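Bound state: Beta-lactamase + relebactam (bound form).
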Amino acid sequence: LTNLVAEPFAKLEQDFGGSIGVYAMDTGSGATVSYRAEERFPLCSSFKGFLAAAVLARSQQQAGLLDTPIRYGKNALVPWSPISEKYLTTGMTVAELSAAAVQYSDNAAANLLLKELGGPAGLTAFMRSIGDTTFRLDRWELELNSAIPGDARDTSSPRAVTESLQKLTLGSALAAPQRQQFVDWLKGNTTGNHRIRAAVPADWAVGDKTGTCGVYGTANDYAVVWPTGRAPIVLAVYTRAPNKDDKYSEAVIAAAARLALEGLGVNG
Ligand SMILES: *C(=O)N1C[C@H](NOS(=O)(=O)O)CC[C@H]1C(=O)NC1CCNCC1
């Protein structure tokens, strides 16, 4: 049921000047669209969705976790911390940092939450615990964005991203209340309007998390999509390119998402 219908991903990536990796699953039939799906691509900010899921998993054992207020210093505010910079003088709760990391891609929030989990290895351990043997987080913000060609640090594959996203949003990897909180955070993302969402009809529900490393044409998005009248679709679209100053493209991500939906025979 993989690639029943071929789609022109090769032409798309050639025009982009790099590589595009796609994995999309129709959770009803199990049909898939797969292109470069087992290659590694940098996560960039996209690790923050999984980070929030890991915090939610912890919260199942620690009922006071999400309400815990976290104070932080000005030194915590690395570049691109749009929410946490507004609460420097007050603090934010763990839940609020999680929402900020997911919905505004807040970097300070992400580092504070990584500390809660025991760092990159702690997040990696959570991903192993759900059966993902591909994901690896190695570094913190901002160093994890280097996106060096051939470097496996801070990467996953489109396939493993999709598989893990399915387990966490639709499967049993989180308890039901936490699963719905994760979904709600993804649905409230503000940074993805020009990526997978641009390929998804306005009357379908969707949650996503983006990433943009800033170098090597490297950017991404993953999403759960609920078309009306049929089972949800999970998909991941990752890009990279050979040269350090190659620019990412949101349009290319949207276009790859459209091809994926077409390949699944989802009328959109
Ligand atoms: C994540 O990849 N980020 C965080 C933020 N927006 O995330 S995104 O998924 O919407 O793109 C800005 C881009 C990126 C990031 O951390 N970039 C570094 C900090 C800002 N200067 C460039 C490198």
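Numbers in chain A come straight from the PDB entry, and the residues shown are 25-57, 59-252, 254-294, in order. Remember, it's 1-based here, ligands and their atoms both numbered in the order they're listed.
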inquiry  = Just wondering, which residues come within 4.0 Å of relebactam (bound form, ligand 1) on a heavy-atom basis?
reply    = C69, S70, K73, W105, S130, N132, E166, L167, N170, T216, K234, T235, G236, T237
key: Backbone or side-chain N or O of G236 under 3.5 Å from relebactam (bound form, ligand 1) N or O   = yes
task = Look only at interatomic distance and state if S130 has a nitrogen or oxygen under 3.5 Å from any nitrogen or oxygen of relebactam (bound form, ligand 1).
result = yes
query = Closest non-hydrogen protein atom to atom 13 (C) of relebactam (bound form, ligand 1), residue and atom name please, with distance?
reply = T237 O, 3.5 Å
query = For relebactam (bound form, ligand 1), which atoms sit closer than 4.0 Å to a heavy atom of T216?
reply = 10 (O)
request  = Under 4.0 Å from a heavy atom of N132: give me the atoms of relebactam (bound form, ligand 1) that qualify, with their elements.
outcome  = 16 (O)
request  = Look up atom 16 (O) of relebactam (bound form, ligand 1) and tell me if a protein heavy atom lies less than 4.0 Å from it?
outcome  = yes
ask   = Which protein non-hydrogen atom lies closest to atom 8 (S) of relebactam (bound form, ligand 1), naming both residue and atom, and how far is it?
value = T235 OG1, 3.4 Å
task = Provide the residue and atom to which the entry gives relebactam (bound form, ligand 1) a covalent bond, if any.
result = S70 OG
key: atom 22 (C) of relebactam (bound form, ligand 1) - nearest protein heavy atom and its distance   = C238 O, 4.8 Å
inquiry  = Quick check on contacts: which atoms of relebactam (bound form, ligand 1) are under 4.0 angstrom from a heavy atom of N170?
reply    = 16 (O)
Element-labelled atoms of relebactam (bound form, ligand 1) that are located less than 4.0 Å from some non-hydrogen atom of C69 = 2 (O)
inquiry  = Among all the protein's non-hydrogen atoms, which is closest to atom 19 (C) of relebactam (bound form, ligand 1), and how far away is it?
reply    = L167 CD2, 3.7 Å
query = Going by the order shown, which atoms of relebactam (bound form, ligand 1) are within less than 4.0 Å of some heavy atom of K234?
reply = 9 (O)
request  = Could you check atom 2 (O) of relebactam (bound form, ligand 1) against the protein and tell me its nearest heavy-atom contact, residue, atom and distance included?
outcome  = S70 OG, 2.2 Å
